[PDB]
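Drug present: oxipurinol.
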Amino acid sequence: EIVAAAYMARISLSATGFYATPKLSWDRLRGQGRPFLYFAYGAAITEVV
Amino acid sequence: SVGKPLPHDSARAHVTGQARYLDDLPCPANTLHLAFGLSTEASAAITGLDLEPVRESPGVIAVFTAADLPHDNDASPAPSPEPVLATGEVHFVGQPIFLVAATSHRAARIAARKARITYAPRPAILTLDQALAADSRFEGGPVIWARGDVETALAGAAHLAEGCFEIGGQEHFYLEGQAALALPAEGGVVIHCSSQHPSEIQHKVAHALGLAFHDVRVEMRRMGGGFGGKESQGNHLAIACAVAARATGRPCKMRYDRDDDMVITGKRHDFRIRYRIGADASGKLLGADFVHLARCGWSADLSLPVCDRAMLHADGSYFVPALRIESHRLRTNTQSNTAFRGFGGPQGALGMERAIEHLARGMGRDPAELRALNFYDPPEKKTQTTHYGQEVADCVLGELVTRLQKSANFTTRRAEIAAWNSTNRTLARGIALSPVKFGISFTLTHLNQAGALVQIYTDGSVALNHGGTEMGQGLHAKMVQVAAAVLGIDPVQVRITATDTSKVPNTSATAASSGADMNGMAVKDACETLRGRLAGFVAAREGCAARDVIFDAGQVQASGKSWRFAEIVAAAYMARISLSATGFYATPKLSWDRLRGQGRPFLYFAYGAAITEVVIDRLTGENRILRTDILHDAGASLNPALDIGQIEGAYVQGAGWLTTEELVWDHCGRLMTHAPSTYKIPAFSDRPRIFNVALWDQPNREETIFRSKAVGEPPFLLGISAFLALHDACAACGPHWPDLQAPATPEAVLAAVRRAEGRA
Amino acid sequence: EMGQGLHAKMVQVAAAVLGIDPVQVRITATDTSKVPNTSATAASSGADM
Amino acid sequence: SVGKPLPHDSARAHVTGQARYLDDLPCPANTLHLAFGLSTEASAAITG
Amino acid sequence: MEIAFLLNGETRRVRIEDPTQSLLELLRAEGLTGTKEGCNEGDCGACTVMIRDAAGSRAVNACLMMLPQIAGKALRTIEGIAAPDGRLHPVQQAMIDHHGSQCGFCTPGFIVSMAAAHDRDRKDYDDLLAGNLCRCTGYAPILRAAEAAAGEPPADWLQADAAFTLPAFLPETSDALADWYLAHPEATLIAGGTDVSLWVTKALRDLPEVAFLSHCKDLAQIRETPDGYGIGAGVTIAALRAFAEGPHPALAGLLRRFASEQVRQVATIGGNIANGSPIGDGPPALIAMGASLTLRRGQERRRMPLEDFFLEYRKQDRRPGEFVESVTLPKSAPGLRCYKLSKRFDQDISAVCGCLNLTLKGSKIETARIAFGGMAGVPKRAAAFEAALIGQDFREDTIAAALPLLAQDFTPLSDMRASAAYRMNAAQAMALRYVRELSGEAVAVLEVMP
Amino acid sequence: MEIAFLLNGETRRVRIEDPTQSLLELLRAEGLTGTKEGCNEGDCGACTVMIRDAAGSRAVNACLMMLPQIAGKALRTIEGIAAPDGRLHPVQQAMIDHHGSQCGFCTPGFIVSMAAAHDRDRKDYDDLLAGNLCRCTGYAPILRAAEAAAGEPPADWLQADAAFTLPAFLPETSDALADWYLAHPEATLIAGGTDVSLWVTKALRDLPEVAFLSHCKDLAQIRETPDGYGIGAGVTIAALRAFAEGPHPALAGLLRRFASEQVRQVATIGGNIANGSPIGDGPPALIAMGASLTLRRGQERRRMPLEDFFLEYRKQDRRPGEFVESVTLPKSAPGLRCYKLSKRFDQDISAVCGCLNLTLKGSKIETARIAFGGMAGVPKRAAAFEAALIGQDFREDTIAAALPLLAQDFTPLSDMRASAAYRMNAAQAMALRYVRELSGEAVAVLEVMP
Ligand SMILES: Cc1cc2nc3c(=O)[nH]c(=O)nc-3n(C[C@H](O)[C@H](O)[C@H](O)COP(=O)(O)OP(=O)(O)OC[C@H]3O[C@@H](n4cnc5c(N)ncnc54)[C@H](O)[C@@H]3O)c2cc1C
Ligand SMILES: Cc1cc2nc3c(=O)[nH]c(=O)nc-3n(C[C@H](O)[C@H](O)[C@H](O)COP(=O)(O)OP(=O)(O)OC[C@H]3O[C@@H](n4cnc5c(N)ncnc54)[C@H](O)[C@@H]3O)c2cc1C
Ligand SMILES: Nc1nc2c(c(=O)[nH]1)N[C@H]1C(S)=C(S)[C@@H](COP(=O)(O)O)O[C@H]1N2
Ligand SMILES: Nc1nc2c(c(=O)[nH]1)N[C@H]1C(S)=C(S)[C@@H](COP(=O)(O)O)O[C@H]1N2
Ligand SMILES: O=c1nc2[nH][nH]cc-2c(=O)[nH]1
Ligand SMILES: O=c1nc2[nH][nH]cc-2c(=O)[nH]1
Ligand code: FES
Ligand code: FES
Ligand code: FES
Ligand code: FES
Ligand SMILES: [Ca+2]
């Protein structure tokens, strides 16, 4: 009911969206910078024969 | 770019036959084809329906009936239903009763004719009077609007004219026929059709299949002509196609053979118009009282808005202190009428037009001054209003007609004609001038919105997409042009894409000559956002202010440096600046009340004028247009070529409507004229031998896309001039009122001649 | 989508932010005429972004 | 909704063979089909 | 059965298994999607394609023409109007530069008609395009295109087709025909096929036992005779028009408005006659100028006056196995004049067709041949009027005074085309025309220049 | 030639013009696009479909199966696993509930396998599924789904198929066979066709003169004999496996890793043998257990001990028109032990397959049959090693000391699967394993539980 009402009020129901990760800067040749936003972690213990 | 006379966006493609329309699209080998089997009665209960011969016909695969419909069964563009397949009873000859999917168009057609159907007939209503008699109507009673008090006005009037006359319908005859295709696509469907209204096709198919809207996607890239014929009757095809598809598991396409198309779809509302008009001694109108009987057909379709527009145009081009309209929308057992270029407008206008002419003959006055004397006042205390109460603040009619009369050598010609007539006894030429004032915007207000979505790729090229549909009227080019103008690049970089409810949603039908006015804004709106992003980026980069970044001719300039648009985009890309945007627009200032007949239902009016000259043959009524001259106002045209073209074509169509175009039904309701061999649109040689068309070039007062003005319907009303002239010729043949009815076929003309001649 | 669940997660975010049940949101095919200039889906960054 | 353990978006369709992948899409009868012919040499000049 | 023809420059051989298929359908089913279908009934032109052979090249409607008919001809559709290297034909650029299109759908049609016109340097546009309806543009911009492109060298690539070729029965000789028809009286003879195809496309009929006559050179001849001209049944209405331009302008003037050039190019006088319709436009005129008709059965050969061929609506003096072989026209008939009245001038069916021929003994009416189409189940002379006319003086008033007779000669129908009152009134009106015309008065609306 | 089968419940009759085409293709060209193609080579399972006839129901690879093979059978593909009213099969819901699909592509195949297992209440999933590879999920979720569905009553709608049926040659009896082959010695016999289809799919080869053996009930029997068991050539590896589970657990054990259940259900022992590969897994074991093989030509019948059937790589003791009819196994052989060694345990080709059978005179070695696949152009016993082994005591050190004799018995090759030195060393290792095993020590990695 809200949506229909907006349509009749003539409100656009369409939109695009965009995003760019922040904080990144680093230099390949020198090997220096922040090339990553954050780090994923974990651990695993395997047993075999 | 806006402003230059560039060609249609698919010119070359049209001209080498690569442009594809619906039936040209490639489709899987298993695609089925469909055809409706139609009722042969105007009004009856269906009593038996044996389809066995159908299933048994070659190549047939599924057969359908209202009962097989899995959900809704309703294609109407309005709150009251219209079944797609007959539910127990039929209401006009043509009404589809069941549906056949076989492995080929012919096949389906052939099968559609083998049903064994029994009907229990009922008295049928086929004529306005019958309707009237039986109170067979829509909207529980007529609609009445009144400004001032007419009967008073007319009782005390120095001059007067009462008259009644018929205005016949008109079949669109779009060269590409109704058509559609549906492809099951995991869970949902995708419909391709030839429609002016994909967002509705979506809605109706969705409901037909029980699916939320998001599971249905209508794509429509081009129609071969629509003229309103496709504002709604695209629904039945799409529904059947989607429904057959859901059942058989496979793609199903449907296209009407011409004969079916003319029998099933609607046409322009034929009208009976009854008028009394009156004036002053100096000629100023005192009041005009009008009754409109309109033939709507067996279901509502768009009768409601249509008849509202004709009322809304019953003032024609003149200011009238008092004016009344009583509008009946009569229901009858025949094709459900619908939109057609003009959407009521012509009917209402021709109404006032016929009268004012009758008035003029009445007082031995020259029609032209009579009109010219009553046009609304030019612009620039208390501005006049229309009878619905909307200020008319932009009527340039006085100026324009003047200009036209001069440029057309009006006066002199008029004399040359009188002379010529007096020397002839078998032929008479006649000439007339008629004006046009048309309001712009849907009268159903919330339809006036549009959306666009625009993308700029890293190589700088662009893909434009908007809600409109191209039916031959140049919409896409205008939208390309606006886009290239706002982003500052050459049109060549802008590509148009097909209309697709999955790209711009919730669109209105492309109609009411509102295609360009609104989409134009929307695109401009997107392009403005995009340009905005580019300037912001350039500015920060080159330290300085966005508003001094300049985009023109494919080049961007800032702080003395300059670069190619591409180079800017790539860089914004590298900089991570979104290059995509939507855009949307809603026409401002509108408000009005249908029941009261008061408000501002329109943003601005479109005008123009036309002077046509014709000759008729006093013995048989044969006749034809020798010359026409038009001067029409398209605002600051977005594309003069494109506009001249709509003007020329509309004129022809308009005239076509009042001359050889004639619909005929038989005593049992059957459409007798259902094929080009018997319904006759203007053929090449009916083109006027001298056809001068030119534009009034003046900005629009109101804030529209580059101060242009809608130009798709208005010009259609210039056709009246032809009828008017046809009637001038009759008038020249005797001293009585010719009382020429429309359409003016030769039989019709010959009848007018005799009246005026007094030979019966 | 290549099996990793991206479209569900995207439907989920959408339904959450809009305040409605996920059933009301349907995903469409990736299409460059609809969202442009994209990076490949990779770097385990499909959903983050 | 974020946070709940919901199934993949196309799980019903995976599981009944309705999800179409590229070779499952229907296409016009006249569609052509391709294949590369390959080098049989680790490194060479093509002479003929 | 196998036939061959050139298709847009390429040689093509085809296995006909259904001889009744229209050219329009082969085409789209081959994916030559460029030729549109707009009515499938002959009137719109949207299916126009260009054929060629020894007689030259013409544009005709693909929707009326069935396969067997194009054997050994060269065919060119819209997709092959442009040159192999991609260059547009002068006619396309023209249409582009002049905005000759809006919706697009009627275009391939015009281009093909325009091209074929261009190929033969014909410039009578109004008549050449009569058969291409466009609902979008008003036509004006199309005339500019045609004009603009006429100042341009013909397309070479299109003339190269000239060099070419150098189930259902296809006689090559009138003899072969007569033999076979004789054995298969019940067969369906197809000439131009412009009336027969609507039986398959609209009435959804199916015809077995079929023979095509457009391959009998000897049935389609124009022979000068001691006492008139011998016209073969297979002669095309366009052709008949061309020939008449000389000795029978009136007849020529009539045919101008007999369908469109696209139908005239293949429609046959035999056919127009054999069809037997009271609205045929051939018969009235021919009867007015009192031509004769020749039937044929095996080697036998009757020969009546035309009007006598028509007994009742839908029924003719034709014997089992008997077929129309020619008609004969006098060397001259200055008295002829023909009137065609319809809702619209070009490409339209007659409400009434008036054909008048009067001989004079100076001021006195010697002979009166008066025929009408569309006022009865059959075309027929108007005896009582004719009669009452002999011997009287040739002035308006005499005629004025005989009119009523017409209402006894005929008692016309009413229908979508026109009401009986009007058809009647109009028949009468034609005769006033005839006097006024012969007396040199201005009478015809189509001759008025702006 | 026309055959008939039930397709997802519906009866279907097909005209075979190419008998070599695969079920996977008919299937797709019919548009039953749910059966995927992922290797076309038998290894992936992605094309798995379910067939059923009177022996019961089984899941098999449609990419290996040609059409004439399903005649009279009942075919169920993924698109027919759910009931007609739309209900999903217990297995489907399970898959949805437990996230057993990510990319989706290997799913219809797992469903088909899973369903077919459910049909027969089979629960050995690691084996049932070895032949369905999935690259996305780790298998774990699928075992959960399998497990959760087993607690659910079988689908009634799939069982109803049991009611069914109640150019290229198709023999119904060994006689008809022997006759026909005799006249067409050069014909291509196809049994299971799990080796022959790769000639058509990968070598792109084309076979004319073809006969299918899977319809000779009499060629696929297991008969109890006075002195052993007589196994028909058409008996499937699955079938053989099942029979041996009792009297020949070691052979059974081996067959558990012979291809996958999907292949095992149609691959035949006859074929394994007739293919003649030195890596076939059958022969070494049978040789070790000392089985004999019967050939047959017309009515004639030879009969050597199996090892003798293999002469040279790619070359067998087979006469024109002679075919393999059965093999015969002793009633028992407790000493057999079979080792398969590959890169991966399941569905893999052997780098070396070693089979050993020793008989004992208390602590003393009476007989020693020792055979190997993969270490030579042909499966062969290890004579020098066998010989040096008799009379000695069965302890690890005597075996240790005879090892080098294997280097004389075989000179293994090198290839992608393994280097020569490894193949060799492995052979030797197998011997040591055999003592260790029989001597009661723990030695197989596949029997250690976490
Ligand atoms: C678009 C359109 C516009 C038209 N305009 C006109 C018009 O204005 N005026 C008019 O009169 N007609 C008009 N027609 C119809 C007209 O009669 C035919 O198009 C034409 O004259 C018949 O020529 P045809 O060879 O095609 O006849 P066909 O279609 O070949 O059919 C002739 C009929 O007569 C039979 N027939 C043909 N040849 C012989 C033979 N020689 N001997 C015995 N029987 C034979 C055929 O069996 C068939 O029964 C129009 C039709 C269409 C398609
Ligand atoms: C995915 C996959 C995995 C495999 N894994 C293994 C593996 O684990 N170990 C292994 O040993 N093999 C394996 N194989 C193949 C093994 O030979 C076959 O898979 C099977 O044993 C051959 O059986 P068949 O009935 O299909 O023979 P077919 O393919 O039908 O043909 C075998 C050859 O024998 C001929 N032939 C068949 N029957 C007779 C008859 N009785 N008399 C004479 N000639 C006949 C045929 O002409 C053909 O030449 C694998 C194959 C595949 C596809
Ligand atoms: N060539 C062509 N022009 C046309 C039509 C058409 O179908 N073909 N439809 C008309 C109708 S009904 C309207 S309402 C306007 C639409 O123009 P617009 O999109 O810019 O509003 O097109 C008019 N011009
Ligand atoms: N089931 C499945 N999971 C997968 C893959 C795949 O093809 N299928 N691609 C891997 C790779 S390379 C990436 S880079 C991530 C993508 O995660 P994301 O898209 O959400 O960034 O898929 C990982 N997980
Ligand atoms: O007001 C309208 N004017 C229209 N013109 N063409 C279609 C129209 C419509 O729905 N409404
Ligand atoms: O850094 C990257 N990591 C990736 N993973 N998968 C694709 C990747 C890429 O382009 N870049
Ligand atoms: S389709 Fe209209 S003339 Fe052929
Ligand atoms: S452009 Fe539309 S009919 Fe010609
Ligand atoms: S497709 Fe891989 S096993 Fe058949
Ligand atoms: S789900 Fe992707 S391969 Fe198994
Ligand atoms: Ca219509």
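Reminder, nothing fancy here: chain letters follow the sequence lines and each chain counts from 1. All ligand and atom numbering here is 1-based and tracks the order in the structure. Method of determination (from the header): X-ray crystallography, 3.0 Å. Contacts are counted only within the shown part of the entry, which is not the complete deposit. Hydrogens, waters and symmetry mates are skipped; everything else that's a heavy atom, side chains included, is used.
Oxipurinol, all copies counted: located at ligands 5 and 6.
Against oxipurinol (ligand 5), the chain with more heavy-atom contacts than any other is given by the PDB entry as xanthine dehydrogenase, chain B. For oxipurinol (ligand 5), the other chains with a heavy atom below 4.0 Å are labelled B. Counting heavy atoms within 4.0 Å, the binding site of oxipurinol (ligand 5) comprises B/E231, B/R309, B/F343, B/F442, B/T443, B/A511, B/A512, B/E713.
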